[PDB]
Undergrad: 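PDB structure, leukotriene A-4 hydrolase holding Bestatin.
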Amino acid sequence: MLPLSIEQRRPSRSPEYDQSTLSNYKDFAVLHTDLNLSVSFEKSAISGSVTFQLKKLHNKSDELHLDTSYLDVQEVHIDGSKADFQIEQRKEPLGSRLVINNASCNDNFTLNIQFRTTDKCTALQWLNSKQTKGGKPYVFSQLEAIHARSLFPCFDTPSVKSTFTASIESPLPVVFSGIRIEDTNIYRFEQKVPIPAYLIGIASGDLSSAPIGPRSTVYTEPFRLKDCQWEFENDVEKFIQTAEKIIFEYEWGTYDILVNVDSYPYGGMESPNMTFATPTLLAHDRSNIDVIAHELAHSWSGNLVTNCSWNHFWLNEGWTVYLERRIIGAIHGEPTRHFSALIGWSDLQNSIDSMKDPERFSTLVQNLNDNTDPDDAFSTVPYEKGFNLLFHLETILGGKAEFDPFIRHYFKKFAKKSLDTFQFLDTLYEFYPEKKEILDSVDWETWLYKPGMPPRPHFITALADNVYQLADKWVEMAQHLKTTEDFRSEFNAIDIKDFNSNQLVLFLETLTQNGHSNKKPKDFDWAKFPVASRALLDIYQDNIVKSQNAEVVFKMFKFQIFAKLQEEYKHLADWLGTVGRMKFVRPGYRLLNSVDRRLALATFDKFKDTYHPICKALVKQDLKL
Ligand SMILES: CC(C)C[C@H](NC(=O)[C@@H](O)[C@H](N)Cc1ccccc1)C(=O)O
Ligand SMILES: [Cl-]
Ligand SMILES: [Cl-]
Ligand SMILES: [Cl-]
Ligand SMILES: [Cl-]
Ligand SMILES: [Zn+2]
C-alpha cells in the first residue's frame with residue numbers, strides 16, 4: 001500500500017539480492033550448520049571441518065558456490081563421498097569463491113568441508129603469552145560484516161540463517177555464541193535460534209567467569225573478573241527486563257558478556273549468547289553501560305530479525321539505536337533519551353562532514369555492488385539517520401504508546417527471518433490502515449534515498465544546557481581572566497559536581513568546538529590561553545583529570561592537545577599504548593600527530609603490533625603509510 005517511487009525502487013522479489021556474497025544461496029536452504037574445530041595457539045590457526053545439512057531449492061549447473069577468504073580448503077565430502085571442488089582466484093573485495101560439484105542423489109544432503117585458517121585470516125586476532133595482562137595466549141573473532149568467510153567456508157550473507165552446533169578443542173577455555181552443553185579440553189555448544197554467519201563468535205584464553213544476574217554471567221581474564229562483575233551486576237537484569245517490557249520476552253536463554261582483551265577494537269559485538277565487550281567499558285562507577293543496552297537491543301534488531309543485505313544495514317543499527325534509547329529512556333526518563341539523541345545528532349553531523357563521497361555514502365539505504373567493500377558504507381548514518389527516521393515515525397504516529405504495538409508486530413512477523421527496507425515499509429502500512437494519510441505524508445524519498453542530514457527534530461535539551469552554558473562561560477573568561485587566581489574566583493570543582501560522564505564528555509567536546517554559541521566567531525585556539533587551560537585541568541582535576549572513564553580521559557587528552565599543553569603529550573603517547581578501541585586509538589593518533597609527529601610515529605612503531613589488525617591498518621594510513 002506504499003507510495004510510487006518506493007514501489008518503483010523495489011525489486012520484483014524480496015528480500016533483495018545480497019551483492020556482497022559469491023555464494024549461490026538462493027539455490028539452497030541451510031537447515032543446520034555444525035562446526036568441528038581445533039584451536040592451535042602454536043600455529044595461530046583454527047582447523048577442522050564444517051558440516052551443513054542442505055536442501056536444494058527448485059538448466060541447473062549443478063554446483064554449490066560458497067564464500068571463502070584466505071582459507072586453506074583441504075577436502076570436501078557430500079553424503080560421505082569425496083566431491084570434486086575448485087577454488088577460484090581471489091576477487092576483491094569479496095574473496096575466493098569455492099565451487100563444489102554436487103552429484104548428490106537427493107534434494108536433502110550433507111556437505112562436509114575440511115579446512116584450516118591461514119596467516120592472512122581477517123577474522124581473528126591472536127595474542128601470545130607476553131601480550132596479555134594475564135600471562136597466557138588468547139584469540140578472538142570479529143566476523144561482521146563479511147569476515148565469517150575468512151573463518152569457515154559458508155553462505156556468508158545475512159540472508160542465510162541456520163541453527164548451529166559446535167565442538168571446539170583448545171588447551172584453554174573457550175566461549176562461543178551459543179549455549180554451552182555442560183561439563184575437559186573440548187567445548188560443545190548449541191545455538192538453537194537460527195543465526196547468520198556474521199554473528200558467530202569465538203574466543204579462547206585464560207577466562208574465568210562470575211554471575212552478574214539470574215540469567216547472566218560475565219567472562220574475562222581473572223585479574224579483571226571482580227571489577228567486571230561489579231560493573232554489570234547491578235544493572236544487566238534491569239536492562240533485560242526493560243527491553244522485554246518494551247518489546248517481548250527475550251528468547252535466547254542466557255545473556256552473557258565477554259569482556260575482551262585490551263586490543264579489542266569495537267565497543268561491543270552482539271554475538272548471540274555472548275556479547276563481546278571492550279574493557280574500556282569498566283570505569284569503576286558504572287558510567288558506560290549503555291553500550292550494553294545497545295548490544296542487548298540487538299538480540300531483537302539484528303539477531304532475531306536481520307537485514308537481508310548490507311544495503312539495508314539501517315534496519316539493524318537504526319532499530320538498535322532506537323531501541324537502546326527507549327531502554328535508557330524507560331529507566332532514566334525522556335531527558336536522558338533525548339540527551340543521547342543530541343550527542344548522536346552531532347556524531348551524525350561529524351560523520352557526514354568528514355565524508356569522502358557524502359552524495360553516495362550518506363543515503364540511508366545503500367547501493368553496494370559486488371565491487372564495493374561493505375565496510376566502506378559503515379558510518380554513523382545507518383545508526384543515527386536510521387534512529388531519526390524511527391523517532392519521526394514514533395512522533396507522527398502518536399507517540400510511544402501508539403508505536404509500541406507496531407514494534408511488537410514487526411519483531412514477531414520477521415522473527416528468525418531476514419528482510420529488506422521494502423518489506424519493513426509494507427509491514428508499517430499493513431499495520432496502520434487508519435493512519436494511511438499520515439504515512440503518505442512522510443517524504444520517503446528524502447529519508448531513504450537522499451544524502452545529507454535529515455530534518456532536525458526538537459530534542460529536549462535540558463541535560464545539555466548546563467554543559468553548553470559552562471563551555472560558553474569558559475570560552476569567554478579565557479579572554480578576560482589572566483592569572484590562575486582570577487580563574488579560581490570564577491570557577492570551581494563545584495560547577496561540574498553534577499556532570500555525569502556523558503556530560504563531561506560533551507563539555508570537553510564543546511570546549512574544543514570553542515563553545516556552543518557564535519559569540520567569538522573565529523575558531524581561536526586554547527593554545528594562547530595556557531593559564532586558562534591549565535586552570536581548567538586544575539580546578540576540575542578530581543572529576544576530569546583523575547577520571548577512570550576512558551571516554552572522559554580521552555576528551556581530557558584531546559582538550560590538552562587542542563590547547564597544545566606540550567608537557568602532557570607524553571601521557572597521551574603512553575595511554576595510547578594501553579587501549580585498542582578504534583574510537584580512541586584512531587583519533588588519538590591523529591591528535592598526537594598534529595602536535596608531535598616525531599612522537600606519534602615513534603609511539604605507533606612501539607605499539608603497532610599490539611593493536612587489532614583492523615585498527616593497525618587504519619592507523620597506519622592515518623599516519624601517512
Ligand atoms: C554503536 C556503539 C554503541 C557500539 C558500536 N558497536 C556496534 O554497533 C556493534 O553492535 C556492531 N556489531 C559493531 C560493528 C558493526 C558493523 C561492522 C563491524 C562492527 C561500536 O563502536 O563498537
Ligand atoms: Cl498493495
Ligand atoms: Cl515514493
Ligand atoms: Cl571433508
Ligand atoms: Cl490504524
Ligand atoms: Zn550495533
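For the single chain, residues carry numbers from 1 onward in sequence order. The analysis underlying the following values was restricted to heavy atoms, covering all of them including side chains, and did not include hydrogens, waters or symmetry mates. Every number for a ligand or one of its atoms is a count from 1 in the order of the listing.
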Undergrad: What are the identifiers of all copies of Bestatin in this structure?
TA: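 It maps to ligand 1.
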Undergrad: Give the numbers and elements of all Bestatin atoms closer than 4.0 Å to a heavy atom of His298.
TA: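 Matching atoms, with element in brackets: 10 (O).
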Undergrad: Considering the heavy atoms of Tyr383, write down every atom of Bestatin situated less than 4.0 Å from one of them.
TA: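 In order of numbering, the contacting atoms are 1 (C), 7 (C), 8 (O), 15 (C).
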Undergrad: Just going by heavy-atom distances, which of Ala277, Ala297, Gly267 is nearest to atom 22 (O) of Bestatin?
TA: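 Shortest heavy-atom distance from atom 22 (O) of Bestatin: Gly267.
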Undergrad: What protein heavy atom sits nearest atom 6 (N) of Bestatin, and how far off is it?
TA: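 The protein heavy atom lying closest is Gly268 O, 3.7 Å.
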Undergrad: Please list other ligands or ions within less than 4.0 Å of Bestatin.
TA: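 Near Bestatin: ligand 6 (zinc ion).
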Undergrad: At a 4.0 Å threshold, what atoms of Bestatin neighbour a non-hydrogen atom of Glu270?
TA: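 Once the distances to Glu270 are compared, the set is 9 (C), 10 (O), 11 (C), 12 (N).
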Undergrad: Among residues of chain A listed in UniProt as binding Zn(2+), which lie with some heavy atom under 4.0 Å from Bestatin?
TA: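 UniProt binders with a heavy atom in range: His294, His298, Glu317.
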Undergrad: Which atoms of Bestatin sit under 4.0 Å from any heavy atom of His294?
TA: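 Taking each heavy atom of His294 in turn, Bestatin has 1 (C), 3 (C), 7 (C), 8 (O), 10 (O) under 4.0 Å.
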Undergrad: Which substrate-binding residues that UniProt annotates in chain A are found with a heavy atom under 4.0 Å from Bestatin?
TA: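 In chain A, UniProt binders with a non-hydrogen atom that close: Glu144, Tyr266, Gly267, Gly268, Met269, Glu270.
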Undergrad: Which species does the PDB give for chain A?
TA: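 Per the PDB, it's Saccharomyces cerevisiae.
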Undergrad: May I ask whether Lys583 has any heavy atom positioned less than 4.0 angstrom from an atom of Bestatin?
TA: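 Heavy atoms of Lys583 never come under 4.0 Å of Bestatin.
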Undergrad: When you measure from atom 19 (C) of Bestatin to every protein heavy atom, which one gives the shortest distance, and what is it?
TA: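 The protein heavy atom lying closest is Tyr266 CE2, 3.4 Å.
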Undergrad: Out of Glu324, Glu144, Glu295, who is nearest to atom 15 (C) of Bestatin when you count heavy atoms only?
TA: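 Considering heavy atoms of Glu324, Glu144, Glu295, the nearest to atom 15 (C) of Bestatin sits in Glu144.
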Undergrad: Within the 4.0 Å heavy-atom shell around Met269, which atoms of Bestatin are there?
TA: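 Near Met269, the atoms of Bestatin are 12 (N).
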Undergrad: Give, by chain and number, every residue with a heavy atom within 4.0 Å of Bestatin.
TA: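 The heavy-atom binding site is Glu144, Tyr266, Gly267, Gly268, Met269, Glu270, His294, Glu295, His298, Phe313, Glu317, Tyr383.
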Undergrad: Check each N or O atom of Bestatin against all protein N or O atoms and list the pairs under 3.5 Å, with atom names and distances to 0.1 Å, one per line.
TA:
unit_1   : atom_1 : unit_2 : atom_2 : d
Bestatin : 8 (O)  : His294 : NE2    : 3.2
Bestatin : 8 (O)  : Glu317 : OE1    : 3.3
Bestatin : 8 (O)  : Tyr383 : OH     : 3.0
Bestatin : 10 (O) : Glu270 : OE1    : 2.7
Bestatin : 10 (O) : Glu295 : OE1    : 3.2
Bestatin : 10 (O) : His298 : NE2    : 3.1
Bestatin : 12 (N) : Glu144 : OE1    : 2.8
Bestatin : 12 (N) : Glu270 : OE1    : 2.8
Bestatin : 22 (O) : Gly267 : N      : 2.6
Bestatin : 22 (O) : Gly268 : N      : 3.4

